[PDB]
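A quick write-up on the structure given underneath.
Every chain is numbered from 1, with letters handed out A, B, ... down the list of sequences. Below, all heavy atoms of this structure are taken into account, side chains as well, without hydrogens, waters or symmetry copies. Indexing begins at 1, ligand by ligand and atom by atom, following the structure's order.
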Amino acid sequence: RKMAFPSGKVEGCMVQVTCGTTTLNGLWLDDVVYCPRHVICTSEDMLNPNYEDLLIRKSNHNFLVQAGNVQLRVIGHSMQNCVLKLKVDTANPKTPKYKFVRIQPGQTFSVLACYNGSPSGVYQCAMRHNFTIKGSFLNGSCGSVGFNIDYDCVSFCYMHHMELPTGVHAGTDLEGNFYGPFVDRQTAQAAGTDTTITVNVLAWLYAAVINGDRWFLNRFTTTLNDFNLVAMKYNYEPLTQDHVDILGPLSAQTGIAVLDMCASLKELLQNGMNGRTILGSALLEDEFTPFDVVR
Amino acid sequence: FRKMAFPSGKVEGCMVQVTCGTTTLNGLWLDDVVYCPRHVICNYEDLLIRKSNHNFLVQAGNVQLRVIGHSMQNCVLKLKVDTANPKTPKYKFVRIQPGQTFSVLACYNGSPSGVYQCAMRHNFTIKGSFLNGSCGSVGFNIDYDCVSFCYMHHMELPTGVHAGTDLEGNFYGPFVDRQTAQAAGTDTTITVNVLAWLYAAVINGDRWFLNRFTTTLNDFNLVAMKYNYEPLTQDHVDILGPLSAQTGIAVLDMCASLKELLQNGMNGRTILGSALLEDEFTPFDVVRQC
Ligand SMILES: CC(C)(C)[C@H](NC(=O)C(F)(F)F)C(=O)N1C[C@H]2[C@@H]([C@H]1C(=O)N[C@H](C=N)C[C@@H]1CCNC1=O)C2(C)C
Ligand SMILES: CC(C)(C)[C@H](NC(=O)C(F)(F)F)C(=O)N1C[C@H]2[C@@H]([C@H]1C(=O)N[C@H](C=N)C[C@@H]1CCNC1=O)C2(C)C
């Protein structure tokens, strides 16, 4: 199954941030609360916000931060790209071991969807090649974060800012730099074409072979370039030599060469599933990474 | 629309490692009792009279808990320990019905590893992902700071699905906690959940499967029972009320759409990006998330 990381380490960091009439979520790490800078926007500012002008007019007591039933005193603030950083009185005693990381397309992570600073649900996500995520976010979800947890270290990789017209979602890393060409501005924007994440599909096929189903395999191989000419006709992401190297370990474990598995995928795309499933799924899964399958 | 699990933090603070002899699995530490599958001691009455407190090694992180008593309740072993869990949440033990969903905190060696969302199938299995040291992992729902524990994991059936007990040690389904040939019965699609998921689809603007027709229970059930769909009881219709009143599609209007989806298939089309009919969202799940 697709699994999220246990969310408790992140739950203890979620707070509520209110400026004026606007309330969203913030991430409380040590003595800093991180949140999307459009918390300082009103209704009139969403189209063409001048954030430096909006922020200079704010003072520390304009920001109401609430950790459960406790108000936290904001003692300073600064903006870093598209995130606001609120310095507060008190270091979060529940701060886990953490780092900020910026991820690449194809990477997976867990999202803790929060409202009013309280956790609502957790799910697993992937960064798509058009730099959106297929999330589940409602009004007030901004400042919900995405994360991985490898060996008790929480790596924060995503903070939620906006929903695009196709229902997909855009946001920043925790330094406030957007993934993709989007802007925290209510102006006309749209995601580019969302390709299937080929390297993930291939890792998932290798996962299927390891678990014992081999029905989709065939006797052919292919060149890298021939694979990409076919796969791009199905809106699959071109496969690079680095992707081939990445799948190396799985190819070593199963004894199936990477370009051999590529020929199997070409045939799957041509034939469909014929009413079968591969790992309980009747579609080709592309939000499971080569690193995920080994773990 | 995603499959969403409950935030797991309240449960993570209850997970411990239990070792008896060469066998290690997970335990649930609430107040001063650790709950775990009785097969950690591997005839269970005779195996347990021969066990003493010192046979049980309970580890909560870097701390060992001293067992000061033990007893069995059905298929769960209850180890009384010296110290109450300071992280014990508000909680209750509940037994869920087929079709109901819950979150699973998959654990190994007492340490939480992943969280996912499951449904109790009508053959009383769950389609989880559990590996060799996962026993004692639990399933749960949260309602406004109260954790309802409903599942503890015991075993994997040959078809790759899973069987366990409630927290009072009563199995779900016709299974026994011993290593012998057992198999899941014929499963079935959870009709009220599929209907819930179609309502979630129309809420999201996926409306191509709607049509002008309505059906009847017996008409629908007659078509359902040939496609192995769980008979749509009159009860099920009640629960979809808020969805039916919200969208404008009466349940039997939607059942007409579901009925025709079982015949014509979907024609390469998707509903919420799925080529199959999803049945692991309850009506309440859809209201919660939407
Ligand atoms: C949905 C929409 C029309 C509103 C708008 N989108 C675009 O302007 C775009 F289409 F350009 F992206 C949009 O999201 N916002 C407009 C305004 C902020 C953002 C916003 O409301 N963020 C929400 C934070 N709580 C999360 C949203 C709520 C619905 N579901 C979500 O995830 C900002 C870009 C500054
Ligand atoms: C998988 C298998 C051949 C082993 C066996 N199954 C059947 O005997 C059945 F098919 F009859 F169910 C089985 O599960 N067990 C054998 C023995 C316990 C249980 C068991 O090892 N439980 C594991 C707990 N840590 C979780 C398992 C590990 C693999 N994936 C899981 O979920 C018990 C019934 C007492």
So what drug did they put at ligand 1? nirmatrelvir (bound form)
Quick check: main partner chain of nirmatrelvir (bound form, ligand 1) by heavy-atom contacts, named as in UniProt? 3C-like proteinase nsp5
Chain letters near nirmatrelvir (bound form, ligand 1) (heavy atom < 4.0 Å): A
I'd love to know the binding site of nirmatrelvir (bound form, ligand 1) - heavy atoms within 4.0 Å, chain and number please. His38(A), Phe137(A), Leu138(A), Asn139(A), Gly140(A), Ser141(A), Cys142(A), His160(A), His161(A), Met162(A), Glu163(A), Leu164(A), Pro165(A), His169(A), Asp184(A), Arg185(A), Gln186(A), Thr187(A), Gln189(A)
Using a strict 4.0 Å cut-off to heavy atoms of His160(A), name the atoms of nirmatrelvir (bound form, ligand 1) that fall inside it. 26 (C), 31 (C), 32 (O)
Under 4.0 Å from a heavy atom of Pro165(A): give me the atoms of nirmatrelvir (bound form, ligand 1) that qualify, with their elements. 10 (F)
Hey, quick one: which UniProt domain of chain A is doing most of the touching with nirmatrelvir (bound form, ligand 1)? Peptidase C30
Under 4.0 Å from any heavy atom of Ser141(A), which atoms of nirmatrelvir (bound form, ligand 1) are there? 25 (N), 26 (C)
Which residue of chain A listed as active site in UniProt is nearest to nirmatrelvir (bound form, ligand 1), and what's the minimum heavy-atom distance to 1 Å? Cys142(A), 2 Å
